[PDB]
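Structure, as C-alpha cells:
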There are 2 protein chains.
Amino acid sequence: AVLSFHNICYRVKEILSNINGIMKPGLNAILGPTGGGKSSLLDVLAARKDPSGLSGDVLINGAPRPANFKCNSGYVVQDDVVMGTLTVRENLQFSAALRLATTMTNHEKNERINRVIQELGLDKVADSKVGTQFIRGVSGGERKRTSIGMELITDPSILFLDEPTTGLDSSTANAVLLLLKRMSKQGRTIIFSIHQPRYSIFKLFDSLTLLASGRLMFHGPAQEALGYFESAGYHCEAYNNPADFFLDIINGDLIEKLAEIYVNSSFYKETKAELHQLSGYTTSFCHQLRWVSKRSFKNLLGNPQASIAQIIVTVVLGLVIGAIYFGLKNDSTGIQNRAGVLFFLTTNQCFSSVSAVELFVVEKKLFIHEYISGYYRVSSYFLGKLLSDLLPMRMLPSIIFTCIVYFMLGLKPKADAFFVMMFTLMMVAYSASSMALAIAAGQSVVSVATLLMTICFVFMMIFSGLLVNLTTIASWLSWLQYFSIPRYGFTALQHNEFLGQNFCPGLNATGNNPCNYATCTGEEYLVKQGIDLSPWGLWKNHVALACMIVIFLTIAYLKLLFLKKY
Amino acid sequence: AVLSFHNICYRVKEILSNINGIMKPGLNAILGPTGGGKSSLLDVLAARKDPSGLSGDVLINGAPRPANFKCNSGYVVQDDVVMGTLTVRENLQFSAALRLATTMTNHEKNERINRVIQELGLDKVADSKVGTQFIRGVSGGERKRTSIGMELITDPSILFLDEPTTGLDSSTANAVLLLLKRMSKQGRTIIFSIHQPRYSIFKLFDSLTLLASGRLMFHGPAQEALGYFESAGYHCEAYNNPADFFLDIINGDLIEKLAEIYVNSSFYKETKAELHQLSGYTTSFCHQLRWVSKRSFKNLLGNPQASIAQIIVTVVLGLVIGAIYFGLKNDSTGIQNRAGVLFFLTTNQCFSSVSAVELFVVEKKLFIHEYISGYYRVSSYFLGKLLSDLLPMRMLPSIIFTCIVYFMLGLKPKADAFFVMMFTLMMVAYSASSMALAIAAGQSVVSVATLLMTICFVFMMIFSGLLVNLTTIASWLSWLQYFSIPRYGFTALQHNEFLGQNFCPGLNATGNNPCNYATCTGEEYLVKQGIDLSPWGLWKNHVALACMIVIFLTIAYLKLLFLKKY
Ligand SMILES: CCc1c2c(nc3ccc(O)cc13)-c1cc3c(c(=O)n1C2)COC(=O)[C@]3(O)CC
Ligand SMILES: CC(C)CCC[C@@H](C)[C@H]1CC[C@H]2[C@@H]3CC=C4C[C@@H](O)CC[C@]4(C)[C@H]3CC[C@]12C
Ligand SMILES: CC(C)CCC[C@@H](C)[C@H]1CC[C@H]2[C@@H]3CC=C4C[C@@H](O)CC[C@]4(C)[C@H]3CC[C@]12C
C-alpha cells in the first residue's frame, strides 16, 4: 500500500502551493523548517486538515482516499497525548476497546495487545503508570512509544508521526526510530515530519521530501540526496552535516530560485510520468459509554491530588460553618443568621464550581485526536465524562455538606427538610458547574473562561434574595432575577426553612398582632422577600434549575459538536 | 583582563566536580548538553550562584574576584528580560540612569547611550517599542541585542551570555555573534554558554570549554579541537559536524573514561603549570525611587489592556449597582437593602484585588537579575512599584466607585459621609491588595498564590457583620472577627450610614416605644450588630486597616529581601 500525491494547492494565502510526488512502502520523511509547509503537509496527507482549502488529490496506490481512511491510518500527535495517570497496560486496552469489539470477543482481541507490547518492547514497564508533570512513572523516552503503540492495534497500512523527536533525550531518540525501521519490515508506510536529524537515522531513510516556506525543495531517497545539491550549485564539503546544509540554502549562507532547479532536475520529471499514469460508528453506544467513563474515573482516583483537595476544603468548611453557627437561636438574631448561612452555602456551591471549567480543556487535544481518529461519537464522550467526573464529583460537596452542617445547627428538625436541602444543594452544584461548563467547553485556554464566568456569577450573586430584596427594585430590571442560579437555590433553601417557627419570643403574631415591621413569623418574612408560600413554590426552583441544566449542557454539547476539528 | 579558574568543587551531590582552566581576552564559549554542568559553570564564573557550595577559586588576571565584580560584569539572561512594552531608547536610558549618575551629569552620560546604539547597530528601530506576546514591536532577532546592549553602558571587562541562540531564527543568529566578535576587538571578555552551534560561528571561536554530566571534557581553542579527538580514539570523518560529534561520545555512538584522556593529554598539563604560577548603593535613594517608578508607570499605560479592563468593569459595575438600587427607600426593606450593597462594595474590593498578585511575579526574573546586578537596593524597588502600580491603580476602583454609586442611591445626603466612604473603600483596597501581595511576593507561579488567598478571603467574607451577627457566636471563636479585612470595611461603611434616619414610617421609636424586635432606628440596628456608637468606633477600623497594611507590606518587604537570589 503506497501513497502518492499530485499538484496540491492549499489556501487558508496559499500555504501548500505546488506539491506533488510519490511515496514508497518503507520509511518516508518530511524535512524542512517549522516555518515552512512541513507540518502542514503531513496533516493534509493524513486527512487532518480540512478539505475546504484543498485542491489537489491524494491517491493511495492509485485509489483516492476513502471516507474511513482516518479509521485505518494512525496519526501520532506531537505532544504526549497519552493518558498520564494510567497504567500502560490499560492505556493500550483502551484504544483496543473501541475500534474492535463489533464482532470479535474480548479474549480474541487480547492477543494482539500482547503482540504489540513485544514488538514495541514495552513489556518491561507494562504494569506501570505513564507519568506526567504531576506524578512520575515511566520515563519520557518510552512515553512516545505508548503514543505509537496506541495506534497499532487496529491494522495500519499507513502510519503518521507528527515530529517524533521533539525533545526526547537524543541518545534515546534513535531506539524508537530503529523500531520504525523494524516496523517497516512488515510493510507499514511510515510518513513522519522529523525535526533536524543529525546523521545517524539520516542514513536509515527510505524516502524524504524537504519543504521550505510552502515550496517543495526536493523529494527523493536519502542516498540520492547527497549527490543532488553538489549537482545543483551549493557545495557541502567535509565537516558539514547534510540535513543541516539542506536548510542552509534558505538561510542564505532566492526563495523560489532554488526551487526552480528541482523542476529541471532528473528527479521531478520521472515522478510526473508515474503520477500521470496513476492519474487516469463501528462500536455500540453502551459499549462506548462504559469505556470512556472507565477512563476518566480511573484518571480521577489515579491522581487524587485535586479530587481530595476539594473534599478536605469542603469538610473543613462545613466544620467551620458548624463551629460558627453552633446552635442558631430563634431570637431576633435568627433571620440575619439563618438567611446568612443559607445564602452562603448556595453561593459557595455556585462559586466552587469555578473548577469545573477544567473538564474539557485540560484534555482538549485528547478530545480532538480521539474523535477524528474514529473512537466514538461526540455524545458518547459528553455523556461519558459527565457521569464520571461531574456527577460523582459534584455530588460530594453536597451530601458531605448537609450532614456536617445540619446537625451542628439544627436548621429544621425533620427528615424531609434534611432530604430536600441535600437535594437542592447538589442541584445548584450541577447547574453552576454546567453553566461554567457551557462557556468553557470548546476553548483552548482557561483564562478568559474564568474571567467571563466569575464576573457572571457576581450579577447572579446580587439578584439572590439577600442583597436586594427583589420585590423592591423596578420591574424594568427585576426580570433579571430569573437569570441567576443561586436565587433558585436561596429561595428553595429558604422555603423549607421558614415554615413553622417564630422569631418572636414572649408574643404570638399569627393574624392578630399590632406593631408591624416586626417580622416575627418566617412566613411574614417570606412575603417581605416576596417568596410565594405554596408548596409548588418550593419545587418551582428545582424544575427551573433542572431546565437550567439541560439548556446549559446541550449548548455545551453543541459547542463540542460544532468545533473546528481540523 | 583575563579570567582563570582552578579546581572548582561545587556541591548542592557534587555538580561541578573537577573544573580548572584559563581564558583569553577574546571570545570564549561553554559547550556541552543542558544536562551537564554547562549552564551551572557560567553562573559560578559570573558569581551568579551562591558561594556556599563553592570550594574552588576564580582568579581574574591573578587577582581574586572583588565584592563589586558583579557591578562591572554584565550577565545576559536566557529569556527576554527586556521590558516588552517600552521604547528601545528609554529602555537603554534606564540602565544608564542607575549605575552612572553619582558624579557625571545627565548630558554627560547621554553620549555613551548614543555610542552603544551604533556599535550595536540599533539606531534603525531605536524609537520603537520592544514587543511581547501581548503587543508587537521590534522583531525577536533584535530583542536579544537590547538585552546585550543594556549591560554595556557601564564599562565591562568581562561579558557573559546565558545561551544566546535559544530560538533566534538561525539565519538571524549569526549577526549578533559576529557583533560579539566585533565587540571583542576592544578587549571585551565574552564567555557564553552556546547551545549547539553548527559550523559557522564554530570557526569563529577564540576559546572553548566543553562539559558533560559535571565532568570537563576539553578546554582549548576551536582550531585545536579538531585535532584532539582524532588523537583521542573516536574519529570524526566527512559529513560529520564537529560540535555535534563532540557530544556523541556521551551518547555512546564510559562517563568518566573519556574524561581521563584529557588528564594525560597535551592540553591540561600546561594549563596547570600556568594555573600554579598564578596561584602563588552607588546611586542616591530618591534618584533610585524616581526611575523605577517611571518604568512601571510607563509599563502600565504602555500596555493599557489590563489597566483599562479594570476601569470599565468598575464603571459598569457601579452603573449596574446604581441601576439596581436606584433610590433606596427608608421602609422596612431598607436594612436588608443598604447593608446588602455596603456589604457588596467592600467584598468586591477585597476580592477584586485578586489581580494584585501579578505585581512581583510577572517580573520576578526582572527583579532577581536587576537586584543582583547592582541597580538598586530592595526597599527602593518595593517603594517604587507600590506608588506606581498599586497606589494609582487601586485608587480608582474607589473614587470612580462612590461618585457613580452614591448619587444614584443617595446613601447619606452629606459631603463628609461622601468623603469618609470614598476614604475607606480605597483603604480596604489598599489592604486586601497588600494581603494578596503578602502571600504572593517572592513566588514563581501564581497558582498556589491564588488558591491560598481566595480560600482565605472566604473566612473573611463570613466574619463580616452580615452572614453571622458576630455578637451571637461564642467567644472561643469570635476572636476571629478581627482577622478579617472587610469587617473593618463593613463596620466603617455602616457607622457613617446608620446615624440619623429612621426605617419606621408612621411611628417614632427613640426611647419610648413598645413592641420590640422592631429595629426602627439604625442605632438600634447597630447594637444588634454590636457596633459601638462612638465616633471613635468609625475611625477605629481605619487605623486597624492601616496597621493591617503595614504588617502585610513589610512581610512582603521581608519576603523579597530574604529571597534566595542565586
Ligand atoms: C461564596 C464564597 C466564595 C466567593 C468567591 N470565590 C470563591 C471561590 C471558592 C469558594 O470555595 C468560595 C468562594 C468570590 C469571588 C469574587 C467575588 C465574591 O464575592 N466571591 C465570593 C466578588 O466578585 C469577584 O470579582 C470575585 O473575586 C470573582 C473572582
Ligand atoms: C441561554 C440561557 C440564558 C438560558 C437560561 C435558562 C433560564 C433563563 C430559562 C430556562 C428554563 C426557564 C424556566 C422554566 C420554567 C419556569 C417556571 C415558571 O413558573 C417561572 C419561569 C421559569 C423559572 C422559567 C424561567 C426562564 C428559565 C429559567
Ligand atoms: C500577621 C497578620 C495576621 C497580622 C494581622 C493584623 C491584625 C490582626 C492586627 C494588626 C493591628 C491590630 C489592630 C490595631 C489596634 C486595634 C484597635 C483596638 O481598638 C482593637 C484591636 C485592633 C483592631 C488591633 C487588632 C489586631 C490587629 C488588627
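Residue numbering restarts at 1 for every chain, and letters A, B, ... go by the order of the sequence lines. Numbering of ligands and ligand atoms starts at 1, following listing order. Structure method, as recorded: electron microscopy, 4.1 Å. What you see below is based on every heavy atom in this structure, not just the backbone, and it leaves out hydrogens, waters and symmetry mates.
The drug observed at ligand 1 carries the PDB name 7-ethyl-10-hydroxycamptothecin. The chain sharing the greatest contact count with 7-ethyl-10-hydroxycamptothecin is, according to the PDB entry, Broad substrate specificity ATP-binding cassette transporter ABCG2. In contact with 7-ethyl-10-hydroxycamptothecin at heavy-atom distances under 4.0 Å, by letter: A, B. In chain A, numbering the UniProt transmembrane segments from the N terminus, a non-hydrogen atom under 4.0 Å from 7-ethyl-10-hydroxycamptothecin occurs in the following: 2, 5. Here no covalent bond ties 7-ethyl-10-hydroxycamptothecin to a chain.
The UniProt domain of chain A that supplies most contacts to 7-ethyl-10-hydroxycamptothecin is ABC transmembrane type-2.
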